[PDB]
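Worksheet for the structure shown next.
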Amino acid sequence: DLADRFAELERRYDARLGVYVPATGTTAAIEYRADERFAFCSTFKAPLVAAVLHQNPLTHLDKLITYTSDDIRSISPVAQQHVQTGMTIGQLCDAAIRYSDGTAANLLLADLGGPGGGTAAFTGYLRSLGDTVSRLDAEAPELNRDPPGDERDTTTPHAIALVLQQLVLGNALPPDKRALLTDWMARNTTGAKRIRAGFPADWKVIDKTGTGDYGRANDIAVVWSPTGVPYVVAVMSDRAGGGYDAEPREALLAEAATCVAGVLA
Ligand SMILES: *C(=O)[C@@H](NC(=O)Cc1cccs1)[C@@H]1NC(C(=O)O)=C(COC(C)=O)CS1
């Protein structure tokens with residue numbers, strides 16, 4: 001029984017686990033704690049890039065953005081290396097998705113603009129996709145740090161799955177922008193030990209991870225069966241019982257995804 005298996009994983013990892021897979025053709029929705037709030041962590045970067053793409057002509061990707069020492073405030077694998085030269089919006093989108101680059105995400109929030117350094121416009125973009133649940137209140141690093149239970153900077157597995165479904169599978173974006181987002185997620189470098197680890201090699205996986213304090217580890221993905229049937233998979237987790245410095249545990253997400261893949265095969 002799937003709920004029993006997820007509960008077992010919670011005990012194993014001293015964790016809270018949330019899972020959502022939207023209903024399809026012939027599969028019922030898979031849901032476990034799916035309407036409970038979990039921190040976005042870096043998973044917000046996927047709809048953030050969608051927001052920036054949606055808001056601008058495609059060639060806005062070629063605009064150079066400059067930034068300085070005091071902008072580097074978080075893990076930023078790419079932005080730290082290009083600080084002397086600047087990065088185009090396209091490079092920033094690439095880095096935010098594929099390297100979960102915090103500086104890139106903050107610069108993209110600022111590009112979107114408006115109150116809260118772009119966080120209000122980001123939330124407004126989610127509202128436009130019918131998500132009345134999620135909220136972004138802070139940028140990097142702060143957004144990963146809210147105490148367990150705090151609603152700031154949270155989504156739910158259910159809400160983020162429906163958002164990702166519209167972005168990648170639905171018509172939230174025009175085909176050209178949809179393809180840019182899909183390809184960046186397809187080329188993600190940070191997700192090998194999460195949802196990807198739970199699906200057989202002949203299934204395509206594209207994803208965006210998130211990791212935070214209190215043992216937070218998330219992954220949102222679109223997967224395609226060997227025959228081209230797509231599913232959206234959102235797995236979120238925290239280990240609040242270990243306090244702020246609790247280790248995130250990717251293996252929890254890999255096991256949860258393995259359980260999901262078993263049902264979807
Ligand atoms: C987004 O989740 C962001 N997280 C943080 O900046 C907070 C943390 C820093 C170290 C551990 S949590 C970036 N994204 C990811 C990710 O998986 O998407 C990170 C993953 O790190 C580990 C550990 O697996 C950290 S940086």
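In this chain, residues are counted from 1 in sequence order. Numbering of ligands and ligand atoms starts at 1, following listing order.
The drug placed at ligand 1 in this model is cephalothin (bound form).
Lab note: most contacts to cephalothin (bound form, ligand 1) come from the chain UniProt lists as Beta-lactamase. The shell of residues lying under 4.0 angstrom from cephalothin (bound form, ligand 1), judged by heavy atoms, includes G212. In chain A, the residues that UniProt lists as binding substrate and that have a heavy atom under 4.0 Å from cephalothin (bound form, ligand 1) are these: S100, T209, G210, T211. Using a 4.0 Å heavy-atom cutoff, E250 is absent from the residues neighbouring cephalothin (bound form, ligand 1).
Structurally, the covalent attachment point of cephalothin (bound form, ligand 1) is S42 OG. If you check each of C41, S100, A39 against atom 14 (N) of cephalothin (bound form, ligand 1), the one with the closest non-hydrogen atom is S100.
Remark: distances from the non-hydrogen atoms of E247 to cephalothin (bound form, ligand 1) are all 4.0 Å or more. Around atom 1 (C) of cephalothin (bound form, ligand 1), the closest heavy atom drawn from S42, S76, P248 belongs to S42. Neighbouring residues of cephalothin (bound form, ligand 1) under 4.0 Å (non-hydrogen atoms) are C41, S42, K45, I75, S100, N144, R194, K208, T209, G210, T211, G212.
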